[PDB]
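All remarks here apply to the structure that follows.
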Amino acid sequence: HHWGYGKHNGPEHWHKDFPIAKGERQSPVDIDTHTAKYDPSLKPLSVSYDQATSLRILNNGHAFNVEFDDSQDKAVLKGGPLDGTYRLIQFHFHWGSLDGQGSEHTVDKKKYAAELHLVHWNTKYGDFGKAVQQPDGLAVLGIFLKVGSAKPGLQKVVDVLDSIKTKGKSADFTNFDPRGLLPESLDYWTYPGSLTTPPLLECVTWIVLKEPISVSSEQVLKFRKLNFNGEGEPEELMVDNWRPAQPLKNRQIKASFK
Ligand SMILES: NS(=O)(=O)c1cc(-c2nnn[nH]2)c(NCc2cccs2)cc1Cl
Ligand SMILES: [Zn+2]
C-alpha cells in the first residue's frame, strides 16, 4: 500500500508515512505574482548545459526520468539565489489528464498542463544522497508547459515513451540536449521548499521560470499514454502525477524581474 496519486494513496495520505508532508517548507506553492517581491540583489542565473551527457530514460512508476552523467561538472546551474555549483542529475515532468491541470506550482491559482523539473545537487556535499539531507542541497529549475505549438526539442523524448510504457522499463537515451527545453527568458521566481514527492525532504531551492514553453496537444497526449503499472498488470494511465499547492507559511517568494 505504497504512496502514489490514486484515490486511496494520493497526496492527502502521504503524511501518514511522511509526517514532514505538513512541514514548514513544503512544495509546491501558489505563486501570487502581486505578493512576490523583486529582489534586485539576485545575481543573474547561469544555465550551462552545452556539455550535458544524457544516459537513460526510466519509467519509475509515477513519472519518467531522463538521467545524466553527473560524475563531473558538465551540466551545471549557478547564480540567481544559489551559492556555489549545482550539477544536473535528471529531469522529469508532472502532467494532467486534461490541459487545464498538471502543473505543481500555480501562478495566481492558474494551473498549467504540465511542469518540467530539472533537478540539480550542490557539489559541496559530494553526492546526491548527502545533498538531500541539507537545507541547500538541491536546486530545481521548474518550467511550465502550455498546449499550443510543438516544442521541437521535446520530440526525441515523446518518441521514446512507447519503449518505457510501464513501471521499471528503461531505454538508452544518449546525446539529448536539455537546452532545447528552455524558454527564451530566464526571468524567475525563487523560494525555499521541498521535494514534491515522498520523502518530501526540505532540501530544495526552487527556481520557477516565468515564461512557459509551448508543447503540442499530440506531445502531451503521448505523456498520457504511459502507465503507472508494471508490465502484465491492469492498465492505469500515468496522468495527474502532481501534488497540489501547499501552505506558504513563513516564506517569501522573490522575483528576479520588475
Ligand atoms: N518533483 S521534485 O521535487 O523535483 C523531485 C522529484 C524526484 C523524483 N521523484 N521521483 N523520482 N525522482 C527527485 N529525484 C532525484 C533523483 C532521481 C534518481 C536519482 S536522484 C528529486 C526531486 Cl527534487
Ligand atoms: Zn518533480
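Counting begins at 1 with the first residue of the sequence. Heavy atoms only: backbone and side chains are in, while hydrogens, waters and symmetry mates are out. Going by what the header records, the deposited coordinates were determined by X-ray crystallography, 1.4 Å. Remember, it's 1-based here, ligands and their atoms both numbered in the order they're listed.
The drug observed at ligand 1 carries the PDB name azosemide. The name the PDB entry gives to the main binding partner of azosemide (ligand 1) in this structure is Carbonic anhydrase 2. With a cut-off of 4.0 Å around azosemide (ligand 1), the other ligands and ions picked up are ligand 2 (zinc ion).
Of all the listed residues (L141, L116, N65, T196), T196 holds the heavy atom that lies closest to atom 3 (O) of azosemide (ligand 1). The UniProt active-site residue of chain A nearest to azosemide (ligand 1) (heavy atoms, to 1 Å) is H62, 3 Å.
Looking at chain A, most residues touching azosemide (ligand 1) fall inside the UniProt domain Alpha-carbonic anhydrase. The nearest protein atom to atom 14 (N) of azosemide (ligand 1), hydrogens excluded, is given as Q90 NE2, 3.3 Å; this is a heavy-atom distance. The entry attributes the source of chain A to Homo sapiens. For azosemide (ligand 1), the atoms closer than 4.0 angstrom to any heavy atom of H62 are 9 (N), 10 (N), 11 (N). Within azosemide (ligand 1), counting atoms from 1 as listed, the ones closer than 4.0 Å to a heavy atom of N60 are 10 (N), 11 (N). Looking from atom 19 (C) of azosemide (ligand 1) to the surrounding protein, the closest heavy atom is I89 CD1, 4.2 Å. Inclusion of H94 in the set of residues having an N or O under 3.5 Å from an N or O of azosemide (ligand 1) is warranted.
Nearest protein neighbour of atom 5 (C) of azosemide (ligand 1), counting heavy atoms only, is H92 CE1, 3.8 Å. If you check which protein heavy atom lies closest to atom 15 (C) of azosemide (ligand 1), you get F128 CZ, 3.2 Å. Each of the following atoms of azosemide (ligand 1) lies closer than 4.0 Å to a heavy atom of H117: 1 (N), 2 (S), 4 (O).
Contact annotation: for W206 versus azosemide (ligand 1), heavy atoms closer than 4.0 Å belong to the side chain alone.
The residue among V119, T197, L200 with a heavy atom at the shortest distance from atom 22 (C) of azosemide (ligand 1) is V119. Contact atoms of azosemide (ligand 1) toward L138: 23 (Cl) (distance under 4.0 Å to a heavy atom of the residue). Looking at the UniProt Zn(2+)-binding residues of chain A, I find a heavy atom under 4.0 Å from azosemide (ligand 1) for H92, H94, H117.
Of the listed options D70, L58, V140, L118, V140 places a heavy atom closest to atom 23 (Cl) of azosemide (ligand 1). Counted by heavy atoms under 4.0 Å from azosemide (ligand 1), the UniProt substrate-binding residues of chain A that qualify: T196, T197.
For azosemide (ligand 1), the atoms sitting less than 4.0 Å from at least one non-hydrogen atom of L195 are 3 (O), 22 (C), 23 (Cl), numbered in the order shown with element in parentheses.
Heavy-atom contacts of azosemide (ligand 1) within 4.0 Å involve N60, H62, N65, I89, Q90, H92, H94, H117, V119, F128, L138, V140, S194, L195, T196, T197, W206.
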N/O to N/O under 3.5 Å, azosemide (ligand 1) against protein:
{"unit_1": "azosemide (ligand 1)", "atom_1": "1 (N)", "unit_2": "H92", "atom_2": "NE2", "d": "3.2"}
{"unit_1": "azosemide (ligand 1)", "atom_1": "1 (N)", "unit_2": "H94", "atom_2": "NE2", "d": "3.3"}
{"unit_1": "azosemide (ligand 1)", "atom_1": "1 (N)", "unit_2": "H117", "atom_2": "ND1", "d": "3.3"}
{"unit_1": "azosemide (ligand 1)", "atom_1": "1 (N)", "unit_2": "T196", "atom_2": "OG1", "d": "2.8"}
{"unit_1": "azosemide (ligand 1)", "atom_1": "3 (O)", "unit_2": "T196", "atom_2": "N", "d": "2.9"}
{"unit_1": "azosemide (ligand 1)", "atom_1": "4 (O)", "unit_2": "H117", "atom_2": "ND1", "d": "3.3"}
{"unit_1": "azosemide (ligand 1)", "atom_1": "9 (N)", "unit_2": "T197", "atom_2": "OG1", "d": "3.1"}
{"unit_1": "azosemide (ligand 1)", "atom_1": "10 (N)", "unit_2": "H62", "atom_2": "NE2", "d": "2.8"}
{"unit_1": "azosemide (ligand 1)", "atom_1": "11 (N)", "unit_2": "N60", "atom_2": "ND2", "d": "3.3"}
{"unit_1": "azosemide (ligand 1)", "atom_1": "14 (N)", "unit_2": "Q90", "atom_2": "NE2", "d": "3.3"}

